[PDB]
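Read through the structure below, which is laid out as structure tokens, and then see the notes.
Since chain A takes its numbers from the PDB entry, the residues it shows come out as 42-168. The header says X-ray crystallography, 1.5 Å. These values consider heavy atoms only, across backbone and side chains, with no hydrogens, waters or symmetry-generated copies. Each ligand, and each atom within it, is numbered from 1 in the order the structure gives.
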Amino acid sequence: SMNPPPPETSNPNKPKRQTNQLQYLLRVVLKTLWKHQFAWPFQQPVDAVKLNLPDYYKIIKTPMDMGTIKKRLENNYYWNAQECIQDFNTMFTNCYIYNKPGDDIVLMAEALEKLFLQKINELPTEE
Ligand SMILES: COc1cc(Nc2ncc(F)c(Nc3ccc4c(n3)N(COP(=O)(O)O)C(=O)C(C)(C)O4)n2)cc(OC)c1OC
């Protein structure tokens, strides 16, 4: 049993730029979620080998995690905020698909998502 390669966090062929929205996503949104007490299961790719979840990457074919998102932001991998927002949504959705509703990990994800949505409502206008 093996893990897939993690999602890419840089690509020399993918155009990049900075925007105040992407800055906010790193400095406020990611930062808030990253330091939250429920962040830890989401701070790196799911290690299915270690967790003995041999079915994880059979069920989840679009993995995503905040470690990857953090590196993507730091590496200026994204062109726009919606790409980053999509990654957070993929991360939450994977949890809700793989785990049973009501499991603690689902409650942790829901708490993080609630907080995420609050911060996204406060996204600044593009400069
Ligand atoms: C409920 O299923 C999920 C569980 C998690 N849990 C989850 N997410 C992230 C973790 F870091 C983590 N730590 C963890 C959890 C269980 C563990 C171990 N570590 N280690 C320690 O590894 P290290 O030696 O310290 O490196 C082990 O050695 C064994 C004994 C194999 O059991 N668990 C995380 C999930 O999604 C993000 C899950 O949904 C897929």
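- Of the chains in this structure, the chief binding partner of ligand 1 is, as UniProt puts it, Bromodomain-containing protein 4.
- The compound at ligand 1, a drug or drug candidate, is named fostamatinib.
- Less than 4.0 angstrom separates atom 7 (C) of fostamatinib (ligand 1) from at least one non-hydrogen atom of the protein.
- Nearest non-hydrogen protein atom to atom 27 (C) of fostamatinib (ligand 1) is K91 CE, 4.1 Å.
- For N140, a nitrogen or oxygen atom sits less than 3.5 Å from a nitrogen or oxygen atom of fostamatinib (ligand 1), counting backbone and side chain alike.
- With ligand atoms numbered from 1 in the order given, fostamatinib (ligand 1) contributes 8 (N), 9 (C), 37 (C) to contacts under 4.0 Å with heavy atoms of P82.
- From the protein, the heavy atom lying nearest to atom 19 (N) of fostamatinib (ligand 1) is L92 CD2, 4.5 Å.
- Less than 4.0 angstrom separates atom 39 (O) of fostamatinib (ligand 1) from at least one non-hydrogen atom of the protein.
- Those atoms of fostamatinib (ligand 1) with a heavy atom of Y139 less than 4.0 angstrom away are 40 (C).
- The entry attributes the source of chain A to Homo sapiens.
- Proximity of atom 30 (C) of fostamatinib (ligand 1) to the protein is not indicated, since no non-hydrogen protein atom lies closer than 4.0 angstrom.
- By the criterion of a heavy-atom distance under 4.0 Å, the side chain of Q85, and not its backbone, is placed next to fostamatinib (ligand 1).
- For atom 25 (O) of fostamatinib (ligand 1), the nearest protein heavy atom is 4.0 Å or more away.
- Ligand-side atoms of fostamatinib (ligand 1) in range of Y97: 40 (C), range being under 4.0 angstrom from any heavy atom.
- Looking at chain A, most residues touching fostamatinib (ligand 1) fall inside the UniProt domain Bromo 1.
- Within fostamatinib (ligand 1), counting atoms from 1 as listed, the ones closer than 4.0 Å to a heavy atom of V87 are 36 (O), 37 (C).
- Within 4.0 Å of fostamatinib (ligand 1) on heavy-atom distance sit the residues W81, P82, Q85, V87, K91, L92, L94, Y97, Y139, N140.
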